[PDB]
K.L.:
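First, the structure itself, so that you have it in front of you.
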Amino acid sequence: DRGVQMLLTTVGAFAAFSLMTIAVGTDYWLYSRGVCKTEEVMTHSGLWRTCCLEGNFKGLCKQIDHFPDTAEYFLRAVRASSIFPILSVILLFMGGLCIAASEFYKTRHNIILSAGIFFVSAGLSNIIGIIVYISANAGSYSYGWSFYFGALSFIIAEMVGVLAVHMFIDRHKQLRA
Amino acid sequence: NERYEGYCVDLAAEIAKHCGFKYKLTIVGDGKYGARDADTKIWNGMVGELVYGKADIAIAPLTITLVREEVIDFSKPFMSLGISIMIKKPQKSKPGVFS
Amino acid sequence: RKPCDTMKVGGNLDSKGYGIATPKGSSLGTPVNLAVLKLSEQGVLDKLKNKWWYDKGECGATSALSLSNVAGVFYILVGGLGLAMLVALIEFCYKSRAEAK
Amino acid sequence: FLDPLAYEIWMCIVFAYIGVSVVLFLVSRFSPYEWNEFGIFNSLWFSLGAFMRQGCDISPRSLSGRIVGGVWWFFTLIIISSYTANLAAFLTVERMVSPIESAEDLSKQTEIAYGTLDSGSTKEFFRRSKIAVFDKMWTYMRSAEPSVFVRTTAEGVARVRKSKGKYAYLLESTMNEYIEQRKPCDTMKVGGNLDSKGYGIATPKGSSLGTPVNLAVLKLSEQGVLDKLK
Amino acid sequence: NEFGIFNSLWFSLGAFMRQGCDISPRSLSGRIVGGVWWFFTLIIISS
Amino acid sequence: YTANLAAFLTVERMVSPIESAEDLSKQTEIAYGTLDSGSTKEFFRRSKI
Ligand SMILES: O=c1[nH]c2cc(C(F)(F)F)c(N3CCOCC3)cc2n(CP(=O)(O)O)c1=O
Ligand SMILES: CCCCCCCC/C=C\CCCCCCCC(=O)OC[C@H](O)CO
Ligand SMILES: CCCCCCCC/C=C\CCCCCCCC(=O)OC[C@H](O)CO
Ligand SMILES: CCCCCCCCCCCCCCCC(=O)O
Ligand SMILES: CCCCCCCCCCCCCCCC(=O)O
């Protein structure tokens, strides 16, 4: 059907954007046995802040130091600056803008295709971000709800991109018909 | 006394407290532990400071050997040890991006 | 001690000890012997060992295939997806321009 | 059967699968100038079958669809080859891992029980210890049901041999080393000594035998008699 | 061209020997069955 | 490619590090030595094992 699809894509875009922004913001990416401030105790290693839990001084949070081959340096850079998660957030925002501007300027249907391309690119950036995150960590533990919020953002972004392209195809089908 | 710190410093402090007597830590001048020169039969190092009354007690990491147990009295060992192997750390190798 | 690049691997080969020396006929010998045994029983010696070897220490204390082993293939995959998207869009722009304006 | 690859590889395989399917669909269907049997459902099926090294039934004909297909094929080849190779390595050399290798390890986890003899220096060492790890061990054992305490060393070894890996017995190093080397060799000794103690030769309150036996023991130790005898 | 009993058997056999298909299911149910059997085959042959 | 990868992973899986002393006696890749002159040197020299 039609009419529902625009609302569903808008809702999905908002959900993906919110999830990814929260995930980049929060710090429950990794539960590891690190050190809170500078013994061992469980932590809240996020993208930026490793923070202490279930200890004498739980709730103390410190900025992660991402440094003490050229590949190692470049990976450390790319992971220190969460460029790929941030780029994911920005692309999701631009896709949201494209969907919003669809209601106006409806005549031109290449603005909704842009929305689709932005959402799919957001998904790809999210994948690269997860891969660099995990790889940098690798050079007992667990993943917290922030990581899975990032993952769910990826899934929803890819679904919303599919829907955007689907409705672009329908619009050009109507126009040619 | 306050100028120094270490395992032996704390051990000496506790021993004194148990026995109840002041003390003055003094390093060995020569810088050796103990050895009987075959010719002279001289004891250098803290074993010297013990045999020739120059000191009253040694609280250093002094091995309990036979050549040494003869001329002085050793307390029951306060730290057991031995020879051991030391190697470089494993240094787990990061796989290449295109490995 | 830093840089923390070494490791003790094998248990001890031989067995010796360290002791508190005293002059051959000094009255301190018996009391110091009993003091050492009392400390050893009370765990003070173990605590001092911990304090001076570990508390002042400058350091802390699978077989599956890890993502690090196959990371490059993921990078290549996503790079190829991006390139594919770019090529598609370039062709689409070219076709849009191609129609007789 | 998932053990050859880490959980992260499986997760990223699923992500890459969805990404590839979506990009193949987009790149094949979006252009109005194309209007490809490559809807979203057919794109997902293509990707799945490419991964499982099964047939195609359709292959992208455009440049862009072919780029996507090619990289996904390369990915699949490497990942499946790597799975097979690592499983071979697993099944060739079996590497059993000791669950605990230290005292602090026994303290930190709780899956495996452990306890000392009913009464002895082994018990007291924990009953009256101020050390973090031994304090924690005492806290656990003081209340452990069923009683982690045995009536005899024979009972202790029998109990550790009965339990698969649930129970760990704390005893003197020398007896532990003796037991380990005997049949059926069902048990091993892990980690270092928790404390230090010595065995010696006694002697009456005062005698002339003590002074020379001390020299004898030191001479034996230094010569290497005691190590060789042990 | 469609999955009768004999063609179903042939499809399954060929999927097990990794010997490609002349026909593959087109429906959601057929594709679920096919996909799961492909997974099974991949694990068992690798093993 | 698959067979050589398997060889790589199998070999890397059967690599045992050093665990004892006699393990130093058996191999020759890892050199080992003691202090120039001291108790450990003598212990080895007069060693009857
Ligand atoms: O009684 C003795 N006690 C010793 C105690 C120690 C230490 F462990 F450091 F406390 C050392 N260290 C070994 C490394 O070089 C010097 C420092 C040497 C000692 N030596 C000399 P040895 O002849 O080499 O044994 C003795 O004689
Ligand atoms: C006609 C249709 C065309 C389809 C086209 C898609 C097929 C792509 C396939 C494989 C790409 C593999 C890329 C290999 C990149 C490896 C480069 C590399 O890393 O080499 C340097 C090395 O790291 C130094 O140590
Ligand atoms: C387009 C329609 C295609 C239809 C779909 C075809 C089926 C897909 C193939 C395989 C499924 C494999 C399922 C894997 C199940 C994993 C179970 C698991 O992970 O449990 C282990 C546990 O996590 C450890 O503690
Ligand atoms: C196409 C198939 C989809 C895959 C289905 C996956 C079902 C199992 C997922 C298990 C997740 C376990 C969570 C791990 C916990 C952690 O260490 O973070
Ligand atoms: C073509 C893409 C699908 C391929 C099939 C992949 C399904 C496996 C996913 C399982 C999730 C990971 C859980 C297992 C790891 C673990 O818990 O040890």
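By convention in this document, chain letters (A, B, ...) are assigned in the order of the sequence lines, proteins followed by strands, and residues within each chain are numbered from 1. The figures that follow rest on heavy atoms only: side chains count, while hydrogens, waters and symmetry mates do not. First listed ligand is number 1; within each ligand, the first listed atom is number 1. Only a part of the entry is shown; contacts are counted within it.
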K.L.:
Looking at ligand 1, what drug do you see?
P.N.:
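Its PDB name is ZK200775.
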K.L.:
Looking at this structure, what macromolecule is in contact with ZK200775 (ligand 1) the most, according to the PDB entry?
P.N.:
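Largest number of contacts: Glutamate receptor 2.
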K.L.:
So, around ZK200775 (ligand 1), which other chains have a heavy atom under 4.0 Å away?
P.N.:
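The other chains with a heavy atom that near are B, C, F.
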K.L.:
I'd love to know the other ligands and ions under 4.0 Å from ZK200775 (ligand 1), if any.
P.N.:
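Looking at distances below 4.0 Å, I see none.
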K.L.:
State which organism the entry records for chain B.
P.N.:
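The PDB gives the source of chain B as Rattus norvegicus.
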K.L.:
Hi! What's sitting within 4.0 Å of ZK200775 (ligand 1) if we only look at heavy atoms?
P.N.:
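Counting heavy atoms, it is made of B/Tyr33, B/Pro61, B/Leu62, B/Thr63, B/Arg68, C/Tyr18, F/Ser39.
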